[PDB]
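Just below is one structure, and these are the notes that go with it.
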Amino acid sequence: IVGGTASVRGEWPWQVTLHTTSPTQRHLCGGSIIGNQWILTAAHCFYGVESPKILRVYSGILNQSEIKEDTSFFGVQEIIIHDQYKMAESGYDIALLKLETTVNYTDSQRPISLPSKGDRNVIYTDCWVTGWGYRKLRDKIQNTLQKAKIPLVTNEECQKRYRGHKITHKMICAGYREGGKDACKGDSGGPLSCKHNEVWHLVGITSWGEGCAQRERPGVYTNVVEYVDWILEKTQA
Ligand SMILES: C[C@@H]1CCC[C@H](n2cnc(-c3cc(Cl)ccc3-n3cc(Cl)nn3)cc2=O)c2cc(ccn2)-c2c(cnn2C(F)F)NC1=O
Ligand SMILES: *[C@@H]1O[C@H](CO)[C@@H](O)[C@H](O)[C@H]1NC(C)=O
């Protein structure tokens, strides 16, 4: 997260850090708890993932340095990638992880609500992007989970910034026109979380952008409300 600030314990209890153990263990992507055995994340995270056996989902983590040999994690039974997905910039950048066990909810690990289908066109004004990603283009994964409040940008304005890519109704853009705050490397798959009428909703999945936090180059997020039926279908199978 460029231009973000430190989160506190229990602030973002739906945020997870998805690690791969192969060839060596490392943070791969963010994700969000959405159900009792379900993480919602980005399809592009799995480009080099040979099998679900190498994945570990860590919930209830503030600092990456908390992740040691005996730290509790959830295994992954199945990776479900949207069957129309090809590449982040062409959309459908959405995936589910079916966990090996159910998740017992606490103040440090609990699900975020999907957006209401009735709020399909709502212009949310209390939206936050979170993650352990870079603070600038050439940086490192951060220890403490960072947050940044970022405004939504209309798809019409967003499309003007990305003449080389189709910004579809299944994408949502967010960023400051004057730049300065955005997702960056290591944040993808995590949430764009918006608080509306005292309830947090998972409005976006961090997907792609051109550079990090540049002027007039908003971040592009999977528009979760446009996939509610797909999510319900896959999570009940
Ligand atoms: C396979 C996965 C995910 C691969 C894509 C991932 N990604 C790509 N675009 C964004 C992005 C999103 C928005 Cl909304 C706006 C601007 C973005 N933007 C533009 C540029 Cl330039 N940078 N960000 C975020 C992001 O996270 C990524 C992650 C790492 C390195 C490079 N890209 C990585 C890891 C592990 N460690 N690192 C470490 F190198 F950061 N994961 C992997 O490589
Ligand atoms: C959840 O809590 C119940 C009741 O304490 C316990 O029996 C069970 O093992 C826990 N399961 C997980 C996956 O944490």
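Residue numbers count from 1 along this sequence. We count ligands from 1, going down the list as the structure has it; atoms in each ligand are counted the same way. Values reported hereafter were calculated over all heavy atoms of this structure, with side chains retained and with hydrogens, waters and symmetry mates removed.
- PDB records give the name of the drug at ligand 1 as milvexian.
- In this structure, the main binding partner of milvexian (ligand 1), as named in UniProt, is Coagulation factor XIa light chain.
- Those atoms of milvexian (ligand 1) with a heavy atom of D187 less than 4.0 angstrom away are 26 (O).
- Close approach to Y221 involves these atoms of milvexian (ligand 1), each under 4.0 Å from a residue heavy atom: 14 (Cl).
- Mapped onto UniProt domains, most residues of chain A near milvexian (ligand 1) sit in Peptidase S1.
- Neither the backbone nor the side chain of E210 comes within contact range of milvexian (ligand 1); no heavy atom lies under 4.0 Å.
- The PDB entry lists the organism for chain A as Homo sapiens.
- For milvexian (ligand 1), the atoms lying closer than 4.0 Å to a non-hydrogen atom of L137 are 21 (Cl).
- Listed by number with element, the atoms of milvexian (ligand 1) under 4.0 Å from a non-hydrogen atom of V220 are 14 (Cl).
- Near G219, with a cut-off below 4.0 Å to any heavy atom, the atoms of milvexian (ligand 1) are 14 (Cl), 15 (C).
- Close approach of milvexian (ligand 1) to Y134 is summarised as follows: ligand atoms under 4.0 Å from at least one heavy atom of the residue are 38 (C), 39 (F), 40 (F).
- Of all the atoms in milvexian (ligand 1), the ones that sit under 4.0 Å from a non-hydrogen atom of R26 are 35 (C), 36 (N).
- Using a 4.0 Å heavy-atom cutoff, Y47 is absent from the residues neighbouring milvexian (ligand 1).
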